[PDB]
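Record below includes glecaprevir.
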Amino acid sequence: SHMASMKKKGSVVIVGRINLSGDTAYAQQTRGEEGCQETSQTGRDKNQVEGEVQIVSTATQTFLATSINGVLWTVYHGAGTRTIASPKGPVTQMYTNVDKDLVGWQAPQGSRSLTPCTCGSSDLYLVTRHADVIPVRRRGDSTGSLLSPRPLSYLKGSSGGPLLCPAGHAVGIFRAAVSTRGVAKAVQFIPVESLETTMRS
Ligand SMILES: CC(C)(C)[C@@H]1NC(=O)O[C@@H]2CCC[C@H]2OC/C=C/C(F)(F)c2nc3ccccc3nc2O[C@@H]2C[C@@H](C(=O)N[C@]3(C(=O)NS(=O)(=O)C4(C)CC4)C[C@H]3C(F)F)N(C2)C1=O
Ligand SMILES: [Cl-]
Ligand SMILES: [Zn+2]
């Protein structure tokens, strides 16, 4: 009840990226923990942003965010309603949908966006925060099976990451794992058509 001392939550901060520009996928860190903490409080991130898949952090969580159609998308269970840090200060979400576990901000200047897939293909690839590229067979509008199951630990921290088609288009945003006895056999994702609906109107 003491408003004068109520705290403010920090901004989401870009702390690195998944480099997909060459023949090898690899994670790059662009900001260490101290700078991340400062940037979360000010909301002012002067780092140059590059690429399609960002590694992002709050004070308590780290996950991914993916640019599609000029929007940097991630999961609500990671970002909540938080702003993202940018060169001129905190940027408010332009999309928030808790029912889809989805949020989005305008894509950062310097980022590149994935194109929404129109291939109608079921052979997908999940990109993790460790730059592992995991083949996934699409099994429905929002699920796909891992060709090689993996412990949940392998996938933790990769919500917000993309599923891509063979042509490198965005098919979806990783949301939740389908896990039994700690082994993830499948993944559940926000399909790009749901993003496009959220964007259209
Ligand atoms: C058992 C399990 C594997 C932990 C869990 N499975 C699970 O629930 O499966 C069911 C059955 C099939 C689909 C799914 O239907 C329920 C829908 C869940 C949801 F996702 F839509 C979701 N909506 C929310 C909306 C608002 C607030 C909180 C919400 N919380 C949610 O789910 C929560 C979160 C999500 C999660 O952990 N995501 C990942 C991740 O990396 N996060 S993260 O980066 O480390 C981090 C926590 C920093 C942000 C990708 C999976 C990684 F670990 F593989 N969850 C639990 C799970 O995946
Ligand atoms: Cl959805
Ligand atoms: Zn495609």
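Note that the numbering runs from 1 along the sequence shown for the chain. Heavy atoms only: backbone and side chains are in, while hydrogens, waters and symmetry mates are out. All ligand and atom numbering here is 1-based and tracks the order in the structure. Per the header: X-ray crystallography, 1.7 Å.
Here, the model contains glecaprevir as ligand 1. In this structure, the main binding partner of glecaprevir, as named in UniProt, is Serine protease/helicase NS3. Contacts between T62 and glecaprevir, counted as non-hydrogen atom pairs separated by less than 4.0 Å, involve the backbone only.
Glecaprevir has an N or O atom lying under 3.5 Å from an N or O atom of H77, backbone or side chain.
In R175, the parts holding a heavy atom less than 4.0 Å from any atom of glecaprevir are both the side chain and the backbone. Of the options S158, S153, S159, the smallest heavy-atom separation from atom 43 (S) of glecaprevir is shown by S159.
The residue among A177, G157, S179 with a heavy atom at the shortest distance from atom 45 (O) of glecaprevir is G157. In this structure, no other ligands or ions lie under 4.0 Å from glecaprevir. The atoms of glecaprevir that sit less than 4.0 Å from any heavy atom of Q61 are 46 (C), 47 (C), 48 (C), 49 (C). Distance remark: protein heavy atom present below 4.0 angstrom from atom 48 (C) of glecaprevir. Within chain A, the UniProt domain with the largest share of residues touching glecaprevir is Peptidase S29.
Binding site of glecaprevir at 4.0 Å, heavy atoms: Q61, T62, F63, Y76, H77, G78, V98, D101, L152, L155, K156, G157, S158, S159, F174, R175, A176, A177, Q188.
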Atom pairs and distances, glecaprevir N/O vs protein N/O under 3.5 Å:
{"unit_1": "glecaprevir", "atom_1": "6 (N)", "unit_2": "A177", "atom_2": "O", "d": "3.0"}
{"unit_1": "glecaprevir", "atom_1": "9 (O)", "unit_2": "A177", "atom_2": "O", "d": "3.2"}
{"unit_1": "glecaprevir", "atom_1": "23 (N)", "unit_2": "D101", "atom_2": "OD2", "d": "3.4"}
{"unit_1": "glecaprevir", "atom_1": "38 (N)", "unit_2": "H77", "atom_2": "NE2", "d": "3.4"}
{"unit_1": "glecaprevir", "atom_1": "38 (N)", "unit_2": "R175", "atom_2": "O", "d": "2.9"}
{"unit_1": "glecaprevir", "atom_1": "41 (O)", "unit_2": "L155", "atom_2": "O", "d": "3.4"}
{"unit_1": "glecaprevir", "atom_1": "41 (O)", "unit_2": "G157", "atom_2": "N", "d": "3.0"}
{"unit_1": "glecaprevir", "atom_1": "41 (O)", "unit_2": "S158", "atom_2": "N", "d": "3.4"}
{"unit_1": "glecaprevir", "atom_1": "41 (O)", "unit_2": "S159", "atom_2": "N", "d": "3.3"}
{"unit_1": "glecaprevir", "atom_1": "42 (N)", "unit_2": "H77", "atom_2": "NE2", "d": "3.1"}
{"unit_1": "glecaprevir", "atom_1": "42 (N)", "unit_2": "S159", "atom_2": "OG", "d": "3.3"}
{"unit_1": "glecaprevir", "atom_1": "44 (O)", "unit_2": "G157", "atom_2": "N", "d": "3.4"}
{"unit_1": "glecaprevir", "atom_1": "44 (O)", "unit_2": "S159", "atom_2": "OG", "d": "2.8"}
{"unit_1": "glecaprevir", "atom_1": "45 (O)", "unit_2": "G157", "atom_2": "N", "d": "3.0"}
{"unit_1": "glecaprevir", "atom_1": "58 (O)", "unit_2": "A177", "atom_2": "N", "d": "2.9"}

